[PDB]
A.B. asks: 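So I pulled up a structure with retatrutide in it.
Chain naming here is simple, since letters A, B, ... match the order of the sequence lines and numbering starts at 1 in each. Hydrogens, waters and symmetry mates play no part in the numbers below; they use all other heavy atoms, side chains included. Parent or X for modified residues; extra atoms not counted. If you check the header, you will see the structure was determined by electron microscopy, 3.3 Å.
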Amino acid sequence: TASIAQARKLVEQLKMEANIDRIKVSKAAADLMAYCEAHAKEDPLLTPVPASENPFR
Amino acid sequence: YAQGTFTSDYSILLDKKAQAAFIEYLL
Amino acid sequence: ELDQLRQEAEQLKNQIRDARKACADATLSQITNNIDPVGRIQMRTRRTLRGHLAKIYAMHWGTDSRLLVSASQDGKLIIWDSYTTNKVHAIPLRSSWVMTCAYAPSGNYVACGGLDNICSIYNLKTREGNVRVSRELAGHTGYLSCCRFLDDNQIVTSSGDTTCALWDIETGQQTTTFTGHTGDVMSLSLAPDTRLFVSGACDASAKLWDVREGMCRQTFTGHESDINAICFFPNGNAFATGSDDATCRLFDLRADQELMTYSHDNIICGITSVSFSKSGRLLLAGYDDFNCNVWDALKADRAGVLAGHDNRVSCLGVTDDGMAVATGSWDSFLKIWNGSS
Amino acid sequence: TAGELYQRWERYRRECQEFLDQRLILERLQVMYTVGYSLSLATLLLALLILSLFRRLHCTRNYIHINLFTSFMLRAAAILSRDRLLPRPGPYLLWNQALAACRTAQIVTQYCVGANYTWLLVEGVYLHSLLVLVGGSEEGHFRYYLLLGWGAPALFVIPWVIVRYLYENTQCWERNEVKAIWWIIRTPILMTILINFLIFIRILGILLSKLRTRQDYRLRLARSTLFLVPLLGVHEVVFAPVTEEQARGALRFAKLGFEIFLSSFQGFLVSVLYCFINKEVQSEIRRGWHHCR
Amino acid sequence: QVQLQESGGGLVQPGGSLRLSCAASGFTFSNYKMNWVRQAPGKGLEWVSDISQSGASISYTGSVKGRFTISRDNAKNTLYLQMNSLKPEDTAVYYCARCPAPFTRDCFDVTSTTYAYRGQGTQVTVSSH
Amino acid sequence: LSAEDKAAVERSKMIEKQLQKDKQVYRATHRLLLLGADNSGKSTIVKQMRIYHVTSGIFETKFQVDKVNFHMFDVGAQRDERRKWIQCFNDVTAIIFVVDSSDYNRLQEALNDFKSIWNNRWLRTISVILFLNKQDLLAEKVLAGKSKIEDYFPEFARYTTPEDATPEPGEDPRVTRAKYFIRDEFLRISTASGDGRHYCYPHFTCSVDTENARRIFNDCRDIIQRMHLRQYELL
């Protein structure tokens with residue numbers, strides 16, 4: 001039966017997937033904030049670069 | 001060609017009035 | 001029998017859902033409440049590239065922030081220059097229907113593929129200078145939706161037969177296959193480390209795969225319709241997906257759950273392409289109602305709008321240095337936007 | 001003529017020394033038709049501007065509309081320029097610089113009228129080729145249309161310069177003494193008009209098939225033909241019913257006035273019918289305004 | 001998680017009546033044209049009925065016209081279909097399946113062999129002991 | 001500096017010259033999409049024009065009528081769900097929808113497929129050339145009378161043969177009433193929402209017919225004329 005093969009695979013897939021370590025959203029959101037602020041000065045799209053050096057005149 | 005005929009009719013119609021007046025102006 | 005397995009599946013999903021809620025202290029918006037607004041963002045169309053006769057379905061910037069390759073349904077694959085607008089190649093395709101395109105990180109190869117189940121690959125730097133098809137990676141059942149050049153010798157193709165595969169160019173065979181989603185895989189994006197990658201499908205779920213191991217690691221389910229496009233956060237620990245409900249959702253890898261849903265009540269169309277800025281602060285989303293929206297990753301704000309296209313926007317790509325944004329569309333025009341001090 | 005009168009007037013002294021009402025109606029037509037001409041110059045220039053600089057509307061069809069519109073200004077401007085000169089005996093009661101200027105202003109108007117009339121034929125031919133002709137993808141005939149649009153009237157007016165100058169030269173090319181010389185310029189105008197009538201009939205025949213296939217009907221056909229008549233300039237064919245009759249009386253002035261009327265306001269009518277009524281450009285201004293706001 | 005589990009069904013005598021309720025969660029049960037596809041044994045998936053975004057536009061297949069009624073409750077987040085005068089060939093497994101996209105009227109792949117937004121299926125059998 | 005840049009522009013001028021040549025041939029040909037079910041005679045329709053020859057994905061057949069070229073695409077190996085690749089065919093001239101009239105079972109499935117095509121957002125401006133295929137078998141099924149269309153379509157008892165019907169000389173009245181009911185079932189969907197952007201062109205076709213490319217030609221020509229007339233606001 002094709003149904004029994006799929007169901008066995010799905011349970012095995014979920015069983016291994018559920019056994020992972022989850023980092024609290026407070027830390028995860030902090031890391032996203034830290035990366036954006038750290039590289040904000042080197043983002044030529046959020047803060048436009050002076051026209052003297054951009055290639056698109 | 002409306003334009004041409006109108007200015008052709010106007011060309012003579014005003015010219016003829018100048019004639020019959022020029023002679024009468026003398027007398 | 002069948003009931004025994006399904007009963008475990010329902011309970012197992014319950015375990016995951018309860019575990020995710022356990023590690024959810026505060027939302028991303030709650031933490032970023034003190035972050036100052038990005039501010040109004042105005043963008044000017046620096047260049048407009050014309051030469052495609054039909055709608056544009058794909059585009060990909062080069063590794064040197066130059067030579068964007070774009071594919072259109074007239075059977076053309078043009079390689080532009082983005083400076084002086086000069087065209088470098090006009091590679092003609094065997095099949096007029098093309099749904100994706102790629103540019104190799106080395107810049108030597110360019111891939112293709114579409115409603116033909118074949119990922120044609122072109123060698124740009126031939127000995128005689130003439131571009132010829134180098135490989136025809138066949139083996140997919142459904143159409144091809146996206147193909148990203150993972151290294152100059154491998155390529156990950158996402159097809160419409162609910163599979164993604166990793167090819168070897170020289171051998172021309174599927175090195176490994178990722179039998180995941182139950183619906184068409186519509187988009188693909190490799191991690192910055194070229195180790196993992198993600199894929200949004202038509203079942204409203206974007207999975208995460210290990211290229212070396214070959215099996216899915218995590219499954220993310222927050223959407224409610226087909227996922228049309230998907231990107232990666234520049235650090236590789238988050239990603240954003242756009243679907244047919246006009247919502248862009250920023251998922252997190254370590255937290256294994258969605259964080260923000262960028263949407264508005266005035267938008268009902270549905271995203272076709274997403275792409276982050278260089279630093280990840282901005283999130284551009286190519287919407288169906290003819291214009292793109294420049295969101296704000298840390299707080300849904302809709303800083304700007306790039307309303308300059310006639311037909312729907314089906315493309316988006318930010319250069320490696322994050323200097324320009326190119327938005328192809330179904331009006332056969334590529335517009336290269338940029339900031340203005 | 002008047003000029004011959006003074007010539008014989010002076011020679012008499014050498015031996016010695018050893019029509020009111022028709023003027024008013026023509027003047028009343030002169031103000032009336034220059035009102036339409038001046039208005040058409042003002043209104044269509046607005047139409048030409050909002051349709052030429054917009055990159056959204058640049059199909060080959062609008063290129064002819066751009067060229068058809070600019071032929072109306074160049075025709076209307078020439079008429080206003082020539083009418084402004086008008087070296088009439090009354091302006092004065094020896095003179096120079098005007099009889100030659102009237103020659104230059106008139107010869108521009110003759111080409112300007114020919115350019116407008118032959119451009120209506122081009123639009124009719126292109127529309128005919130867009131429906132009746134099969135297989136031709138077009139976009140390669142624009143070289144020929146531009147040549148026919150502006151180069152065809154040159155063949156109509158350049159001989160008119162030569163043949164009249166050496167045979168029946170007049171003071172400033174305004175007096176038409178002989179009807180034989182009135183041709184060469186008039187005949188191509190009639191030929192272009194007659195060809196457009198055949199093209200107009202063919203398009204009405206096709207449009208009848210389109211309306212009958214999907215079935216109110218009487219209203220749709222009526223609006224379409226009046227939408228098509230000014231485009232091909234075909235209304236003029238029924239105001240020229242073999243001029244060999246030349247009926248005398250106020251009917252001739254009334255017929256000429258109505259014929260003058262349509263020519264004067266043709267530019268304004270064509271401008272408003274294909275720039276304002278046209279939903280594509282009208283709705284496109286909303287999309288452009290949305291970006292501005 | 002778009003889940004559309006169904007209820008009702010079972011054994012009913014010929015000429016009787018039955019009611020199926022399909023409860024939708026994981027998405028806004030509104031601005032979504034729903035359907036009631038069914039699959040008889042030995043046959044492919046076939047389309048039975050559909051309802052518009054907020055009612056007022058309802059259609060049925062030919063064989064069930066005048067015998068089934070379909071109703072929706074946006075507040076209750078449930079989709080209803082009520083049978084009447086059951087017939088022996090109506091024995092099939094009924095599914096509730098929504099249109100792929102919101103604010104649309106072109107539900108495309110609802111009777112396909114596989115579809116993401118379809119329910120598990122309720123078995124309805126019309127026979128006598 | 002300009003010495004190398006001129007070489008780049010010289011290549012860009014050569015590329016544009018070839019692109020202009022390919023623009024004429026791209027705009028000269030008409031691209032058609034062919035759709036249908038398993039029972040529909042899609043292959044037989046293709047085989048009729050397969051004579052003019054010049055994992056698989058999509059097939060293409062090139063046939064030319066009256067010096068006008070047509071491209072005719074038929075999807076070969078794609079999954080059941082077609083809501084994602086159908087958006088590629090939003091620029092085709094017309095959609096050739098083939099229906100098996102003599103089925104009475106999957107006819108409702110055929111009607112639903114037409115309804116979704118008609119109402120699709122990206123196919124709202126594509127005219128559909130309807131080919132009610134296998135009309136010869138419909139005569140045999142109706143004449144025998146074993147299977148009754150009333151059993152699947154309840155609104156057939158009150159149906160009456162349309163006045164504008166033009167049956168073949170010698171066709172039975174029962175067959176004419178039955179064949180025009182199927183046509184009016186599809187046209188009810190087409191006229192419900194199609195005002196002037198696109199139309200349906202029904203065609204009664206047998207299993208084998210020597211005149212089918214002309215029907216596509218005589219009906220793609222109508223589509224082109226209507227679009228140009230609508231561009232001029234004359235329609």
A.B. asks: Which instances in the model belong to retatrutide?
C.D. replies: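 Every copy is at chain B.
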A.B. asks: In this PDB structure, which macromolecule forms the chief contact with retatrutide, named as in UniProt?
C.D. replies: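 The chief partner is Gastric inhibitory polypeptide receptor.
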A.B. asks: So, around retatrutide, which other chains have a heavy atom under 4.5 Å away?
C.D. replies: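 Chains with a heavy atom under 4.5 Å: D.
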A.B. asks: Hi! What's sitting within 4.5 Å of retatrutide if we only look at heavy atoms?
C.D. replies: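 The heavy-atom binding site is D:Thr1, D:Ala2, D:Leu5, D:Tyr6, D:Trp9, D:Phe19, D:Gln22, D:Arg23, D:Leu26, D:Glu27, D:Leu29, D:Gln30, D:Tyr33, D:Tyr37, D:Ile79, D:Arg82, D:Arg88, D:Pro89, D:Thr109, D:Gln110, D:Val113, D:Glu174, D:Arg175, D:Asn176, D:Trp182, D:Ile185, D:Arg186, D:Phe253, D:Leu256, D:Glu259, D:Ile260.
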A.B. asks: Got a sec? Which residues of retatrutide sit within 4.5 Å of chain D, heavy atom to heavy atom?
C.D. replies: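 At 4.5 Å on heavy atoms, the contacts are B:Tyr1, B:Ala2, B:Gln3, B:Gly4, B:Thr5, B:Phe6, B:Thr7, B:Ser8, B:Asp9, B:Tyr10, B:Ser11, B:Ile12, B:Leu13, B:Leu14, B:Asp15, B:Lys16, B:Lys17, B:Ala18, B:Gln19, B:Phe22, B:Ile23, B:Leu26.
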A.B. asks: Just tell me the transmembrane segments of chain D with a heavy atom under 4.5 Å from retatrutide, numbered from the N terminus like UniProt.
C.D. replies: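 Short answer, by UniProt and heavy atoms: 1, 2, 3, 5, 7.
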A.B. asks: Please indicate which organism the PDB names for chain D.
C.D. replies: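 Going by the PDB entry, Homo sapiens.
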